[PDB]
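Pictured: Dihydroorotate dehydrogenase (quinone), mitochondrial, co-complexed with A77 1726.
Starting from 1, each residue takes its place in the sequence as its number. Counting starts at 1 for both ligands and their atoms, in listed order.
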Amino acid sequence: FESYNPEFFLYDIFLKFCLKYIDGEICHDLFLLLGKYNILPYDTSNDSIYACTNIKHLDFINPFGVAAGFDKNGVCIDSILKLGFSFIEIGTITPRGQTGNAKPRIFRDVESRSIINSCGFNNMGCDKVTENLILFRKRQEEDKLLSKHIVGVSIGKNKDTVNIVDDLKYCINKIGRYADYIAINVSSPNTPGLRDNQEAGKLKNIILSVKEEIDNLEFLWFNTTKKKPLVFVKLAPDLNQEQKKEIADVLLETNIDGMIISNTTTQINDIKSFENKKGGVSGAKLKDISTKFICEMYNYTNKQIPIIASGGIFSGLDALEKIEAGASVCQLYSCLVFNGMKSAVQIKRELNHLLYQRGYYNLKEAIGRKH
Ligand SMILES: Cc1cc2nc3c(=O)[nH]c(=O)nc-3n(C[C@H](O)[C@H](O)[C@H](O)COP(=O)(O)O)c2cc1C
Ligand SMILES: CCCCCCCCOCCOCCOCCOCCOCCO
Ligand SMILES: CCCCCCCCOCCOCCOCCOCCOCCO
Ligand SMILES: C/C(O)=C(\C#N)C(=O)Nc1ccc(C(F)(F)F)cc1
Ligand SMILES: O=C(O)c1cc(=O)[nH]c(=O)[nH]1
């Protein structure tokens, strides 16, 4: 075993320990601290050119990135990317820093590889996170192994903010220049009233405001693409067909660059250890629900809006199911929690194998093949 490799057995011993004894958020923060101090293992393999993917000019070296919320403040972007991910969606930052809901607010259920959280948009604020992203961009600029890595920024509203657009615009003005794309978060179930912004009418206004604000912002782009950040919207899977269809029409009207399918769900209640817990559920129990959601939106949007998959992706098989359902790229969170540091290297290898086995010459060919 190569001790610098994410697959080094020692990291699995650590993973077992963490999962067995350590509080969810404490472990998470410890992990981010390890990454901040750059003492995490890293992937040294070269990514298959056959598994590269894209969403317009956004070129991902591999189809795996880490979902929003994992590095809410962008404290160790480099370290996380070097685990083998092609991109990371930092934050889900708010104009002002806020503490989030009362702890403990993150619980694991290993048997079902599920997580439930009621974090509440805890983050250091757009100002501080921008500084962290700026530091990364400068670092990315001197390093070359990160030149093609992508960083997206998830944005939301502060707990008391009346008009979400006011917060979105503030964040864009501050960090938009350093983002490869912006993720409009209107699907968190831990911020009262936030999900109402998924109503076709409101969502349309929000998306246009975000796009205009990005244009109004426009060496210029200190990001990877060297172009203005694309716009994605992250949706909750707890919507009825009518709602999804109306949203689908808005996404086409607003010509949104992409849609991150499925944030956590609130319709799961078959998990024993989560009965007395609040928040959104992530993990295996969310996979089918979110995959189906992808199928629907892919159809409802006539395969015109690129999809970033999120929800219960742990293996290459799970990723292929998301891909064949219409997803062009995948985001992981729970996988990192349950499979640990070897998450990226492992899932990439699995997907390459599976793509080969099934007879695909590349990953793109598989996108939507479940038609
Ligand atoms: C502790 C925790 C915090 C999260 N924070 C955010 C966030 O700030 N913004 C966001 O868009 N999603 C957030 N998510 C949702 C994940 O990005 C992802 O959509 C969801 O967990 C489904 O992926 P998974 O099944 O692979 O875990 C969070 C999830 C967890 C478990
Ligand atoms: C200090 C050494 C402790 C060793 C414990 C050995 C347990 C044997 O499991 C072997 C396979 O582990 C592979 C890595 O898995 C990491 C994630 O483990 C999930 C929980 O596993 C529970 C059983 O250990
Ligand atoms: C099912 C019961 C499992 C019990 C497991 C006991 C595990 C104790 O874990 C200690 C080993 O983890 C090593 C730490 O690696 C993570 C960070 O690496 C940074 C470098 O650290 C070197 C000093 O450890
Ligand atoms: C609930 C929870 O456990 C988390 C969250 N969020 C989390 O990041 N955990 C977590 C993060 C990293 C590891 C490892 F180091 F092993 F790779 C293990 C667990
Ligand atoms: O910060 C949070 O509570 C949060 C945000 C989000 O988008 N999803 C989630 O499950 N939690």
Can you help me spot every copy of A77 1726 here?
ligand 4
What are the neighbouring residues of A77 1726 within 4.0 Å, counting only heavy atoms?
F14, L15, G24, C27, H28, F31, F70, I106, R108, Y333, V337, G340, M341
Short list, please: which atoms of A77 1726 are under 4.0 Å from a heavy atom of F14?
15 (F), 16 (F)
Students should be able to answer this: which protein heavy-atom is nearest to atom 6 (N) of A77 1726, and at what distance?
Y333 OH, 2.7 Å
Among all protein heavy atoms, pick out the one at the shortest distance from atom 3 (O) of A77 1726; state its residue, atom name and that distance to 0.1 Å.
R108 NH1, 2.9 Å
With a cut-off of 4.0 Å, which other ligands or ions come near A77 1726?
ligand 1 (flavin mononucleotide)
For atom 5 (C) of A77 1726, find the nearest protein heavy atom and state the residue, atom name and distance (0.1 Å precision).
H28 ND1, 3.5 Å
For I106, take its heavy atoms, then give the atoms of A77 1726 lying under 4.0 Å from any of them.
1 (C)
Look at atom 9 (N) of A77 1726 and say which protein heavy atom is nearest, naming residue and atom and giving the distance to 0.1 Å.
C27 SG, 3.4 Å
Which residue and heavy atom of the protein sit nearest atom 7 (C) of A77 1726, plus the separation
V337 CG2, 3.6 Å
Name the UniProt FMN-binding residues of chain A with a heavy atom closer than 4.0 Å to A77 1726.
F70, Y333
How far is atom 12 (C) of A77 1726 from its nearest protein heavy atom, and which residue and atom name does that atom have?
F31 CD1, 3.5 Å
Below 4.0 angstrom from a heavy atom of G340, which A77 1726 atoms are there? Numbered from 1 as shown, please.
17 (F)
Which residue and heavy atom of the protein sit nearest atom 18 (C) of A77 1726, plus the separation
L15 CD1, 3.7 Å
Looking at atom 14 (C) of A77 1726, what's its closest protein heavy atom, distance included?
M341 CE, 3.9 Å
